[PDB]
Amino acid sequence: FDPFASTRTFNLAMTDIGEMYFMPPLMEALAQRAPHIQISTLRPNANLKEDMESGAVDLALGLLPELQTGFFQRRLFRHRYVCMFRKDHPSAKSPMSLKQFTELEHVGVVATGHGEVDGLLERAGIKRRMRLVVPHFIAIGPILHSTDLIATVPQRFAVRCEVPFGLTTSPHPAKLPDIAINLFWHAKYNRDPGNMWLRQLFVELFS
Amino acid sequence: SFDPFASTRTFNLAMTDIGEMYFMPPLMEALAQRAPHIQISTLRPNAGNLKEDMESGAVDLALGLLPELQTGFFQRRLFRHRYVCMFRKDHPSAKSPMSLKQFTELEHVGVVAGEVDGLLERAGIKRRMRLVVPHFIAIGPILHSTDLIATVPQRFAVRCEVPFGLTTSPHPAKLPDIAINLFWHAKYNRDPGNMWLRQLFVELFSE
Ligand SMILES: O=C(O)c1ccccc1O
Ligand SMILES: O=C(O)c1ccccc1O
């Protein structure tokens with residue numbers, strides 16, 4: 001298998017967060033390393049497991065607990081939930097006190113586990129004033145920029161939003177779980193030249 | 001009556017991801033001064049069984065190019081817009097107006113989400129498809145960090161140009177206009193609060 005020569009198409013399951021986290025650097029990497037490969041990505045919900053066997057999908061990335069049968073996996077990284085708001089929010093502060101967190105208004109994302117973030121808050125007596133609720137993360141960044149709403153966001157998602165949308169963060173005041181993002185491949189392809197190649201490239205660019 | 005300034009009702013809205021970061025930002029800013037205690041929730045048109053949910057009253061309004069919704073559904077057109085071509089502000093060699101000849105030549109990111117790609121292929125135009133993603137969240141970053149170009153809806157481009165440092169070109173191929181509509185179920189045509197939300201949209205969106 002020669003990367004610089006290959007015209008193969010690799011297919012990857014990953015979340016939306018995982019999409020705008022992973023792809024940008026990856027594409028930049030590939031531009032110089034494998035200039036003729038093609039990449040396609042899809043969501044873990046449109047389905048998988050079978051597809052990984054069939055060779056329809058090559059790798060998958062996320063907090064996929066479902067996968068644990070004929071599935072090798074390597075941890076890339078963990079990261080924490082953070083609290084994100086516009087740089088000049090009228091009254092938000094870092095580190096945010098849990099007391100203040102209760103008090104402000106939030107946008108919540110329904111969405112990988114995650115999470116069940118909102119479960120832990122509610123059980124700890126903390127009832128957020130939930131002004132908006134969205135299914136996934138695309139609009140989050142703009143929304144914070146144009147309003148005084150705060151959000152509970154995964155750390156590496158925050159990172160890629162701070163500049164474009166002019167927002168900052170705070171360590172999260174509540175006790176929430178760490179986020180363990182993993183790389184998964186089907187055993188049947190453990191010894192596939194090209195697949196191992198992609199695997200290592202990920203491990204390389206992320207860790 | 002209804003009273004917006006007093007109401008604590010929750011409105012539920014079906015819309016795409018593009019529609020989410022297009023509509024929500026301005027809407028939330030609008031509501032902040034007009035209805036400060038209302039709550040909004042949004043979901044994807046694939047999410048529930050929308051059609052049924054709109055009858056039920058589980059979803060109040062829906063926004064998009066939803067052709068499925070015919071029959072017991074009133075609808076008003078908000079706007080149309082065209083497909084554009086989008087690339088980073090200093091792309092090494094991309095130009096505006098992009099010639100169809102150059103379009104064929106550069107490398108693209110394609111979004112899976114109404115067959116644009118069908119019409120290209122039928123017109124003999126085989127793009128060099130370096131990446132393919134399911135929806136739009138990562139598009140903006142991706143163009144920023146690479147020399148890839150994309151075929152994007154106009155009003156989506158608008159909200160990306162600043163944050164990610166990209167510009168556009170009128171699209172060199174013949175592609176359909178995009179007709180975005182507002183839909184509500186007949187059963188609720190005469191609902192005070194629903195009519196209120198309807199009008200607010202009609203108001204904030206048009207030209
Ligand atoms: O939550 C995920 O699945 C995830 C995936 C990739 C990068 C960051 C993430 O939070
Ligand atoms: O589908 C939508 O709701 C939409 C909204 C704004 C711009 C383009 C779109 O497709």
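All chains are named by letter (A, B, ...) in the order of the sequence lines, taking the proteins before the strands, and each is independently numbered beginning at 1. Values reported hereafter were calculated over all heavy atoms of this structure, with side chains retained and with hydrogens, waters and symmetry mates removed. In listed order, ligands and their atoms are each counted from 1.
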Original post:
What does the PDB entry call the chain with the greatest number of heavy-atom pairs under 4.5 Å to ligand 2?
Top reply: lysr-type regulatory protein
Subject >> ligand 2: drug name >> reply: salicylic acid
Subject >> Neighbouring chains of salicylic acid (ligand 2) at under 4.0 Å, heavy atoms only >> reply: B
Subject >> Organism of origin for chain B (entry) >> reply: Burkholderia sp.
Original post:
Does the structure show any other ligand or ion less than 4.0 Å from salicylic acid (ligand 2), and if so which one or ones?
Top reply: none
Original post:
If you draw a 4.0 Å sphere around every atom of salicylic acid (ligand 2), which residues of other chains have a heavy atom inside it?
Top reply: B:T16, B:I18, B:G19, B:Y22, B:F23, B:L63, B:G64, B:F79, B:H81, B:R155, B:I180
